[PDB]
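Summary heading: complex between DX-2930 and Plasma kallikrein.
In the text below, chain A, chain B and the rest are named by the order of the sequence lines, each starting its count at 1.
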Amino acid sequence: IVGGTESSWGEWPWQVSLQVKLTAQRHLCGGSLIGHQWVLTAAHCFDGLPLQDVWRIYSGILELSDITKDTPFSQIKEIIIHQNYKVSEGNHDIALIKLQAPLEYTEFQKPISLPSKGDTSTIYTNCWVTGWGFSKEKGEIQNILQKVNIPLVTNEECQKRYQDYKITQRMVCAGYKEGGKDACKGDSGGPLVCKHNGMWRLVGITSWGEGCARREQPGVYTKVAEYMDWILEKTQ
Amino acid sequence: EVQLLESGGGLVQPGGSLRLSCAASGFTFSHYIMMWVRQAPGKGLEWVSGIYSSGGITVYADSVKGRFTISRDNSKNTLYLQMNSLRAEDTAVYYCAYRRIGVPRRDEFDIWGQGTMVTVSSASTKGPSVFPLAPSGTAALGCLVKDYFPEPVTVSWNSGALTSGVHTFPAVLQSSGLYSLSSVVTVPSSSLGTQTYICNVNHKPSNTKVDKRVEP
Amino acid sequence: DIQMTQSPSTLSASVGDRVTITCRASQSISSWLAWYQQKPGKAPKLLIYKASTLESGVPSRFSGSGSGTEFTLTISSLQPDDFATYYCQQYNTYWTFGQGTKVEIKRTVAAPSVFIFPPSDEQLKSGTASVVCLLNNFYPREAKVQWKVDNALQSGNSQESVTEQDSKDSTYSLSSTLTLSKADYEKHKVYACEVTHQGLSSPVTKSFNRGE
């Protein structure tokens, strides 16, 4: 997160850290807990490290420097990448992760609600992106979970800033005209959430974008409302 | 970030062969086209060879088609350039570079190595002859560091006591295959009868450390 | 095939100036054009790709424009870190680099101090004579150095070598070495180095007679 501040306990209790353990253990991506056994993330997180054995999922966590061998983590039982997602590309950038064991909810660890059937055409006005990603371009993984408020833009607007790629109806974009606040590397896979009728909803998954926090250069997110039939089929 | 480290460059006879390796480290979400680019002494960047995927398309500049072969071994996170039938003009710093495929994911489009040096020459390792450039407010003097192979030599004046006003020029490759350069320094002309000036020339390749005093 | 032509070859500028470099492709390449920065002995760094997109972590003082055959790199306010050689690169088909543009530090004119050094006697024994002309701390780079042996212009028998801009005063220094057989050196008396340069009101000649 660029231009953000620190989060608190219970503030974003769906936020997870997807980490790889090879010779070293590192945070690679965010994700969102959407049920006892289910995390929603970005398909691209597995583009370089497709093997589910090597991943560790941390939930109910604010600080990455808290992690030790005894910090409990979830493991992956199944990865479900969208059938039409293409390695290295922007479309259908979404993946379900079934955990090996169901997690119980606590005040620090609970699910985000998915967009409801009635809100297909809702114009969300109070949106937030969270994660442990760089605080600038070519920067560094941050320790304490960062948050930032970012307005959505139209797809026509988003498209004017990405001349060499197609922004589809299955994407949504967010940013400020003069930049300054944005996700960045290491945030990808995590939530974009908006509060609507007093209830938080997962509107986006952090997907792709050009640099971080640049003026006239909004980040791109997988638009979750358009994958709801796919999510319900795959999880039911 | 991903880092690239080259190795395997060195001295080789014309007609000889050499394998360059380029070792990648780090975590990434990206896949990469992988390229070799080289730079001959005092010249521009020249693209040489490319590979679009693990077992995908390989392509070559005309100046090396038939002689060079590019490949990967993912189990070693390494890219290779097998150079055969090498010629004097293939002498250059060889760089590997990665190029991001697909959409920008808050990340980098290019990643480059540090470069590794490749010298193709039929010349034999040889220490330099060192001749003084004898001085005539301020006066100049130097040493002519001549007929040596390969690069580099270092030049020092009075064991590093004198450094201000020193210019050591870049070596030139003479038509003979050996190199020449001079190192010069400007001093006050009043100091020429009293102050001793010695140029300390070291050529590691031939373990020769030659010292010439320079006298008017 | 695709030829790239950059211009100018070298340009001189000051901290804070706006700099503009042009690159021309022999055929259309759409927007597949990238710009690079290179320091001596170091790997190039990408600044710009798809003709106008800034690469990760590159400052916004770098911008690019153009499509088709004509492209420009612009540096809005030159910084000290920006003195370097810049290359364009088409990646429509494989990769091809332009010949590069050197962006050097501008300063006021400075005249070379000229010196001539005869071959040492220790070298004339080995069968070869080296005569070295030194041009010290001058600006700009452009300098004419002509060798004369008994007032007869020499050709094909000398090589120039030049330093990078001095870090303190931004000047250049240049050597010019005349190479001759012992036999030929001893066939003549007067060995002359004539330097023409903008820092000089007229050409300066430094010389010596073989022997004296």
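Within this structure, DX-2930 can be identified as chains B and C.
Looking at A:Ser207, the atoms closer than 4.5 Å to chain B (DX-2930) (heavy atoms on both sides) sit in the backbone and in the side chain alike. Proximity to chain B (DX-2930) (any heavy atom under 4.5 Å) is shown, for A:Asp187, by neither the backbone nor the side chain. In chain A, the residues contacting DX-2930 fall mostly within the UniProt domain Peptidase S1. In terms of non-hydrogen atom pairs under 4.5 Å with chain B (DX-2930), the most contact-rich of A:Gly186, A:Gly209, A:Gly219 is A:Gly209. As for the chains of DX-2930, the most heavy-atom pairs under 4.5 Å with chain A are counted for chain B. For the set A:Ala183, A:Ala24, A:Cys29, the count of heavy-atom pairs under 4.5 angstrom toward chain B (DX-2930) peaks at A:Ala183. Residues of chain A with a heavy atom within 4.5 Å of a heavy atom of DX-2930: A:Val20, A:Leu22, A:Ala24, A:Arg26, A:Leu28, A:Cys29, A:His44, A:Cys45, A:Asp47, A:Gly48, A:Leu49, A:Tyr85, A:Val87, A:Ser88, A:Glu89, A:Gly90, A:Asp93, A:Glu137, A:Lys138, A:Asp164, A:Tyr165, A:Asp182, A:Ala183, A:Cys184, A:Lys185, A:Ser188, A:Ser207, A:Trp208, A:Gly209, A:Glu210, A:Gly211, A:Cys212, A:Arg214, A:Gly219, A:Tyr221. Residues of DX-2930 within 4.5 Å of chain A by heavy-atom distance: B:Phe27, B:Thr28, B:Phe29, B:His31, B:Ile101, B:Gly102, B:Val103, B:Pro104, B:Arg105, B:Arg106, B:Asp107, B:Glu108, C:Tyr49, C:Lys50, C:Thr53, C:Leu54, C:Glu55, C:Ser56, C:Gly57, C:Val58.
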